[PDB]
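Check out this one - beta-glycyrrhetinic acid stuck to Lactoylglutathione lyase.
Simply put, chain letters go A, B, ... down the sequence lines. Numbering of chain A is taken from the PDB entry, so the residues present carry the numbers 3-184, in order. Chain B is numbered as in the PDB entry, which gives 13-182 for the residues shown. The figures here come from the full heavy-atom set of this structure, side chains too, leaving out hydrogens, waters and symmetry mates. When a ligand or atom number is given, it counts from 1 through the structure's own listing order. Header lists the method as X-ray crystallography, 2.3 Å.
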Amino acid sequence: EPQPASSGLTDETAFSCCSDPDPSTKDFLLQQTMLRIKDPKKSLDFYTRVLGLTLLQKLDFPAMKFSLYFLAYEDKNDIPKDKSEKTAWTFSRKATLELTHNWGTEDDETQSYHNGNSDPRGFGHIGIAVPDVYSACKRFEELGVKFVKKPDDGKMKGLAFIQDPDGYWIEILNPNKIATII
Amino acid sequence: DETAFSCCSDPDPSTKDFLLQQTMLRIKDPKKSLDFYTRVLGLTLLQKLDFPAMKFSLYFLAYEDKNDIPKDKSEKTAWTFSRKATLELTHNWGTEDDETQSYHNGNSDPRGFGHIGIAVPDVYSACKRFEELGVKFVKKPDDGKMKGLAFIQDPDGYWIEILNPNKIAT
Ligand SMILES: CC1(C)[C@@H](O)CC[C@]2(C)[C@H]3C(=O)C=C4[C@@H]5C[C@@](C)(C(=O)O)CC[C@]5(C)CC[C@@]4(C)[C@]3(C)CC[C@@H]12
Ligand SMILES: [Zn+2]
Ligand SMILES: [Zn+2]
């Protein structure tokens, strides 16, 4: 029953590669995903205004000439005012997006970041779960967002991919509708 | 900062139930990857989904109690895809037997994606356990200006930040 190896893993092989978690890893949290961004204006506007994330915090590194922007689906009225307080909070949020701006890249017409979906491949995308793919995407269209895959294109109806201003892919999906699609 | 106007306070309420569900990474060999993320890092495999017509599988991992996972495929799928902060590891069939194939981690030419990041109670003991389990480090907690902060690598070489949120605070 181990599959032909041009056929992928059986459930058995796969599951048997899984161990229950060591109890010292309880309380571990998947806190952030870092993406490099060419232009923090385009990017902050895309993630806050279009996608509805809240800018939790900005960190500056004047020596090393770069800034970090931390965004998440969080209530602004939860963001601490105090500096240290604010940082501990931000960095204890789950499911956060860290955007790294290297100074000057916005003026560099020669410069662009690679989105991982052409050679050499790796990272693919982040994805947002929404209650209605078609209504969200209709608004995205209204707001000038660029699409990789419209919700109705292809076999997978009801799932979409849009680009952020650096070309990074963002999946848009409805958890109550995925099982129909697959 | 002249990005002063770039931050839309009060997002449109149509986005109020939006949720950052997944980060997707391509993996050469899920036997290694699954072992690493579960046994070393302590995540749980939520769901394995296969696509024969398209020759790939998806492995969703998260920090979730295995006991909360519905057993039924439709209930499971709906549950998995509504969890916050999942890793979606994509396996294109055969890459584990292709001696010439490897994925790129985004941290050298051409750059883009940098890393995912895991918050822990105690960076030092986590990293000592990591050392004991033969985990490869990109940065030990005691190298450079940033002390008490580490980066490790998964089996594909993707970078994973190991931090304590109360120590960046300093
Ligand atoms: C151990 C030491 C002291 C040393 O061995 C040099 C390499 C390094 C491992 C180093 C690295 O390699 C890449 C980056 C990145 C550069 C940057 C701006 C980018 O490359 O885009 C993105 C942010 C990021 C993570 C900031 C921190 C550093 C400087 C990072 C981890 C700090 C720790 C550092
Ligand atoms: Zn980071
Ligand atoms: Zn995905």
For beta-glycyrrhetinic acid, which ligands or chains should I point to, including every copy?
ligand 1
Enumerate the other chains with heavy atoms less than 4.0 Å from beta-glycyrrhetinic acid (ligand 1).
A, B
Could you help me out with the residues around beta-glycyrrhetinic acid (ligand 1)? Anything with a heavy atom closer than 4.0 Å counts.
A:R38, A:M66, A:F68, A:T102, A:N104, B:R123, B:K151, B:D155, B:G156, B:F163, B:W171
Which UniProt domain of chain B gets most of the contacts from beta-glycyrrhetinic acid (ligand 1)?
VOC
My question is simple, although I want it checked carefully: is atom 27 (C) of beta-glycyrrhetinic acid (ligand 1) less than 4.0 angstrom from any protein heavy atom?
no
Distance below 4.0 Å between atom 5 (O) of beta-glycyrrhetinic acid (ligand 1) and any protein heavy atom?
no
Return the residue, atom name and 0.1 Å-rounded distance of the protein heavy atom closest to atom 9 (C) of beta-glycyrrhetinic acid (ligand 1).
B:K151 CB, 4.3 Å
Which active-site residue (per UniProt) in chain B approaches beta-glycyrrhetinic acid (ligand 1) most closely, and what is the shortest heavy-atom distance, rounded to 1 Å?
B:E173, 6 Å
Can you list the UniProt substrate-binding residues of chain B with a heavy atom under 4.0 Å from beta-glycyrrhetinic acid (ligand 1)?
B:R123
Return the residue, atom name and 0.1 Å-rounded distance of the protein heavy atom closest to atom 18 (C) of beta-glycyrrhetinic acid (ligand 1).
A:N104 OD1, 3.2 Å
Would a search of protein heavy atoms around atom 16 (C) of beta-glycyrrhetinic acid (ligand 1) find one under 4.0 Å away?
no
In the entry's source annotation, what organism is given for chain B?
Mus musculus
Looking at atom 31 (C) of beta-glycyrrhetinic acid (ligand 1), is any protein heavy atom nearer than 4.0 Å to it?
yes
